[PDB]
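Furosemide complexed to Solute carrier family 12 member 2, as determined in this entry.
Lettering of chains proceeds alphabetically from A, tracking the sequence lines in order. Going by the PDB entry, the residues shown for chain A are 286-926, 1021-1208, listed in order. Per the PDB entry, chain B residues shown: 287-926, 1021-1210, in order. We count ligands from 1, going down the list as the structure has it; atoms in each ligand are counted the same way.
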Amino acid sequence: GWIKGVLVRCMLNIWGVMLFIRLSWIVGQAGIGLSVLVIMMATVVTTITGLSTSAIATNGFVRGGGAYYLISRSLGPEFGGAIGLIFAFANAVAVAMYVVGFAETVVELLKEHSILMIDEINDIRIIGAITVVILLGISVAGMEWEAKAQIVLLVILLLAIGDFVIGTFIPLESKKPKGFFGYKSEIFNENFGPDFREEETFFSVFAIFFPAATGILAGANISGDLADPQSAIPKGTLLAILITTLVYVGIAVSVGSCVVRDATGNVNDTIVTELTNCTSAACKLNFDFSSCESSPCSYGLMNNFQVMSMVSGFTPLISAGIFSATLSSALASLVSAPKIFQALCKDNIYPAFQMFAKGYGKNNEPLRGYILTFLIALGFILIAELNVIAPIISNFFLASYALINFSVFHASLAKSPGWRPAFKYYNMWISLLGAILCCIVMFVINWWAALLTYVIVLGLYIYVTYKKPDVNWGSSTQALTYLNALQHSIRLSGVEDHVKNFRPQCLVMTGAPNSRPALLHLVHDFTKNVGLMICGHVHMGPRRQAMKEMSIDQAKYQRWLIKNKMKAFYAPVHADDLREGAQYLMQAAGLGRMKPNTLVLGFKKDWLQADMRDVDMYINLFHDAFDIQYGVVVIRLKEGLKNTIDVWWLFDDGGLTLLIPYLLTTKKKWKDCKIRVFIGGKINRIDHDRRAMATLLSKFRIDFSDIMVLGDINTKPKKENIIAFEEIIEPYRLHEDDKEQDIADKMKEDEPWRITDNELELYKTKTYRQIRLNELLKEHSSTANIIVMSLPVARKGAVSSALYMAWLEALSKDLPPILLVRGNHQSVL
Amino acid sequence: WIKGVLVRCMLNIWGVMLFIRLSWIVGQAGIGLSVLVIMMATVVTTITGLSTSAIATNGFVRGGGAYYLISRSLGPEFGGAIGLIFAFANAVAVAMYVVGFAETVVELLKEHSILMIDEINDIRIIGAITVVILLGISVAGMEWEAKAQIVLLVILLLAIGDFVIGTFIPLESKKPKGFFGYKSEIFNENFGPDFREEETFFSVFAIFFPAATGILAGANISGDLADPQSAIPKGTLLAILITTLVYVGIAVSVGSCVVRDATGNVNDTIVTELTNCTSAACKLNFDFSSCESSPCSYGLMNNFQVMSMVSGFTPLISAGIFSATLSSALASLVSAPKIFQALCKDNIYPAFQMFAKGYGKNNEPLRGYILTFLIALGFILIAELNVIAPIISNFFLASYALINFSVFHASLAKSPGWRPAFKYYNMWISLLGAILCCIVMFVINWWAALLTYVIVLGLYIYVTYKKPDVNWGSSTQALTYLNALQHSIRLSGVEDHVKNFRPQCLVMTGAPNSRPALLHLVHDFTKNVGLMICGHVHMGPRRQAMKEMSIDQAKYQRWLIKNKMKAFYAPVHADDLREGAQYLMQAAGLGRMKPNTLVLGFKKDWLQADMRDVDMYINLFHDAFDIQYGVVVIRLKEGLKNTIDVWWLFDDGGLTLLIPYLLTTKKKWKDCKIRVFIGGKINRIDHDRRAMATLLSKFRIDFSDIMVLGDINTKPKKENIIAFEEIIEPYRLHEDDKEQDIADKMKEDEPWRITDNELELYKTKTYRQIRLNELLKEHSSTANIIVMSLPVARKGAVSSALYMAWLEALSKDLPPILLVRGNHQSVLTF
Ligand SMILES: NS(=O)(=O)c1cc(C(=O)O)c(NCc2ccco2)cc1Cl
Ligand SMILES: NS(=O)(=O)c1cc(C(=O)O)c(NCc2ccco2)cc1Cl
């Protein structure tokens, strides 16, 4: 069955080098009891990882054939990328262990057949060379043949285990010079002793052993897609762990009972009565032990690593059994690691490794990953000591396992996704303790490599927390990000005080985001990572086809706006005219705390050639903005496209107009600019005004250059400027005094935005003032980047729309990019 | 200014070990190794000081306290962790310095005639007495600290100057001990390391570290200066510099006077003749007897207070020792409990809220005092200062590494509240310092470092989710606020295409406090799959609208936070209900987080209600349909086996099925047992059965049963029909029964009247909408939630009264009933 397929592949993954190659040395180095405790602790850590993989696998939705795919969809890329990289590296380097064990077994065979190879130590590497160069071909070719031969090759392992357990119980005379005795309880008593260690310790042998009981993840998740892969696989993996554990415990007990720790291949040593001091622990026979305290026995349990091969019955078959085991485990590792690495490369988490996504094979099967794994595997083959290779393999596998356990616990604690484990056996604390014990056992063994590994993990944490990925949650798992944003906004709704932070938000009413790009850039400069600005577009069109064009325009403008990286959300509405859409955006747009409070408008430079009722619409838009207590911002900027950023604070307004330049300075674009504040005041009072204004300026900490308090206000500008203003308002001046009263009343009633004569004499001083400030701006702030000035206003209906726009024309007439502002009454800080 | 922080750092750093253990350190590690230890500890301290200066510069000019400075700069997590670790570290540092005082006193008593007990017990008793006297003084001692600090620094500098003068002054009587006049050969001999008693370089570094610690108290103890932003760095770092200089200005100097092995007796004096002199001692006059064989009385290895012996007129250096010990004791003992009280105040850790209260002449945490004094007096149990030091060294290293890594995390993550505003600061350098601190901790007392790592990991795990989800505790909203901002871009920047349909509903109920049952029920299936926007329209004068508008917003936000709903209360002002609903449905939401369906609690008791209200209510349905929203209504009874009856009768895009599926995936409705009713005429049952089965398999409902009814579209019982006719009787326009003129001017009098022609036209529709009521009554008498496809009609074709009466008849007297209709776009989208 499919569960039988997962179980057979997990049997194949777990049963590698240490089924027979090294387990003799472990059982002889510490003892039967200590070895069994090693098996138990390795089973504990492996089963904690199995529970974590069950928890991630049993998520509601199932997709993807890769292990990295499942770990990345189930939990965010923050841990997913690190787990993928670490496990890919570990699985790539496990090939080294498996093939070097293969080569050592071949060497053991060839020592008896061939008298001596030219370079025995390097013979392991020269054999590993042919093994890897043929294993790459086996991995890239005949995948279906390998899948069909899975069962055939694992039958070899089952036959080998049966062979050895058949051999161990029965006594035999064929292996008489060597250490072969059958289940003698004296052997158990004399081998249970922990005090067998030679240059190695308990945790060292645990570290060397650990590769045997690891690899469950590759069996579970490399397949990814099969019959019922979401729920039924984890039960197969837990049963896999149980079966492998029982096999290892039983085989360890049998080996410890059978073989003596030190056996010399000699016919002698058979003493009729050696009850005196019983130099041999098996004092009854003593066939094979003598003078091995001085000259150690060659064929002993701890001395001979492959004693189980020769001492078991029908020894030719067992060698082929290990051969199949190691080649199978190596090929599984060599096919599993590169695909994980390619999945990680396809994810844009690590652009430095982006070049590895090649897919040279027609049916995927990446080749560059194979080449990289080839290189690293051979480089690790360059070590001929398996007892030395094992600590690194255990190091990286333990790193990956601890990272998996901690990531699963993190998902359980911080519930951002739909992280609902369907396996009741999972518990967050159990996985946490598993991760802690994994980290501790990591520290204990080969501490320097452990510290290097923690440094690497912390470096990946740095790299991910800075460069955030955009592949997986961007496609088919945007729900994770949606829940992220929703939970963060709900958290935001928790805050209860608003007085501390004014925190400007800019609802920008540009016609379209692509239109007036300079305006968008400028407004984004002083509102970026300090507040959200919303590009509001009041769409015009028929009702029937409204929503479709809404959607298409929203998509197009959002793509354009993210291309020219902005922090803006395109919010379109439908309304009969601009004012209604503005009302919609002002009163309803925004959620909880992220609600716009300042209304940004581009100056209507084409008001002269446009219908005034739309300009009247514009001024009514200003007045509606003031009613809801918004801060009005107007930008006039020459669309046809380094010293200072001048400020012209005149009226108290609010704290917003002095706040705008500050945020401009910190963006590194206006960093090399100096704020030259201008504030009006009395001629007798500049010094007092200078100190009084410097107090507030220091409070705003905008590091003012100076405060050129001036008294040129309330002055007739000149003959020509008033002439120009008269020319500006001439097409709309209403000559009631010159014309008949009846016709003047008719013109007023049919059309109300005329500038009545009384309006001119009522507001003559205001017009003089506005022209005065215009000419002062021309004289002083001509060579400045971004002028800031308090926005002139008037009571609703007290001033006609035409004259109000005339004032805004006069003030911002010939200046560089200017930024008129009038905030609300409340102070910003 | 300078005197505010430079003096405090001078008097803090130069604690007890400079005056006793530094000479022993030079004994264990050679002059080169001693200087290497000095520079390494100085690098740690300088990196910590630079990080502290960056913290001070960031955020704002002034803060309530160092705890609050760190809290503003980063937030609750790192600030609370640093505060707790540093408070514990100062609590045990009090123990260190008082043990130093105790050992000096007991050594003096050894010099003195009488002895009370053996050495370890004398330390215990005298240290306890001094700790309780320090209790008496320290509880109220802020008035004289400003005057006392300068005098104590003067005394300490007098002691240091006395040592310097005594270094160049030899004397023949004291020459048997390690007392010589700046001889070069002894300096050469002392250059080489001599590590004895199984003491090693990093172990000596471990003991030494607390001597070069205490800079953080420069800003922690008090600000209150003319320029707190500028005064804190320029002092503290400066202090560190001279500290190291004085340390090295002592270190090599020590090696210039004192021999590594000496004995007091003058008898063992070599005769001036050609002798072997393996040791440099008999170079001058003194053979000794190779004191490595037998433990000698003095010689920088057995007389710790050797610096007291060298300086002429040793009472002054002894008094300097007293001054340094007491000064560092007061500094740390005032620093720690204030931090602990601040941690209680910020409410990051609810388990310790009982310790916030304080009282006295000025409110101070006497509880925090008593607990720190108790635990410190517990730590006095170990009377060996060499044993004491490594634990405090580990805590200081943990605190400094945590501070440096906190600065790095603020700088790297582009923290919204972070701004370096410092001339010479590099986040990479802070990382390097913190990392080296981590390895150094792991090197010394590996189990203790493991314990600290476990504690900090547990605190991090506690403060990641358990605290913030309920209440993070920080008073600076910005560090949260701005964060959410970018996440919204993360939601808007992702191209969702069309495969991102989720239930995002706004519940158009004016008063959230009223009708909480509907809010809880809709939040039940909107808890973790979408946003709930309890929109609220307000009608009133524009003059006072805004103020009361915000008042209502705040009050109802408090109410929704008091209960457990994940809902944003976004209210608007409008002329009437329809305009406000239009405002919400057109502009509410930002990015892709926009409402998609319009929950409307049924207008129960509409009988007494005016007809204009009902007209606007039905026009809300029509507007929602026009603007491509899903309409869901609910008739929960306001008084507020197990099965949820889903009557999928009209293909609405799967919403009618999706909603109960969301209900099931929750704790409350785990026992759901959905029963799916379908409508179909007489035909093969298998067609409908398998079609509905595969449709449910698509959306993963996992039906308990699928059942089909053929009794729809049949004539209902006569009593029910006449009951409905009497229901619609007050609004019925019997135009046929009455005269034509009356009906006419009544119709142009009120457009909502229902002509009998409407009843004739939709007689079969009313028959369906009442027969379905009878069927759901007899079949589904008991049911948790009855989710039913919502009837629809042409806009304006039927008078709103008749449409609303249809909706009322379909839910006449029922358990929780939930009518649903959606846009035909959620085709297996979820
Ligand atoms: N600043 S303006 O008067 O020239 C202006 C101008 C426009 C504009 O029409 O471009 C605009 N958008 C409304 C719109 C209609 C159709 C598409 O967008 C808003 C404004 Cl404030
Ligand atoms: N769900 S409902 O039709 O019965 C309804 C019910 C209410 C309601 O709570 O009365 C409501 N609030 C309007 C309001 C008036 C004053 C303040 O808010 C709106 C609606 Cl749509």
Other chains with a heavy atom closer than 4.0 Å to furosemide (ligand 2): which ones?
-> B
Using a heavy-atom cut-off of 4.0 Å, give the transmembrane segments of chain B near furosemide (ligand 2), numbered from the N terminus per UniProt.
-> none
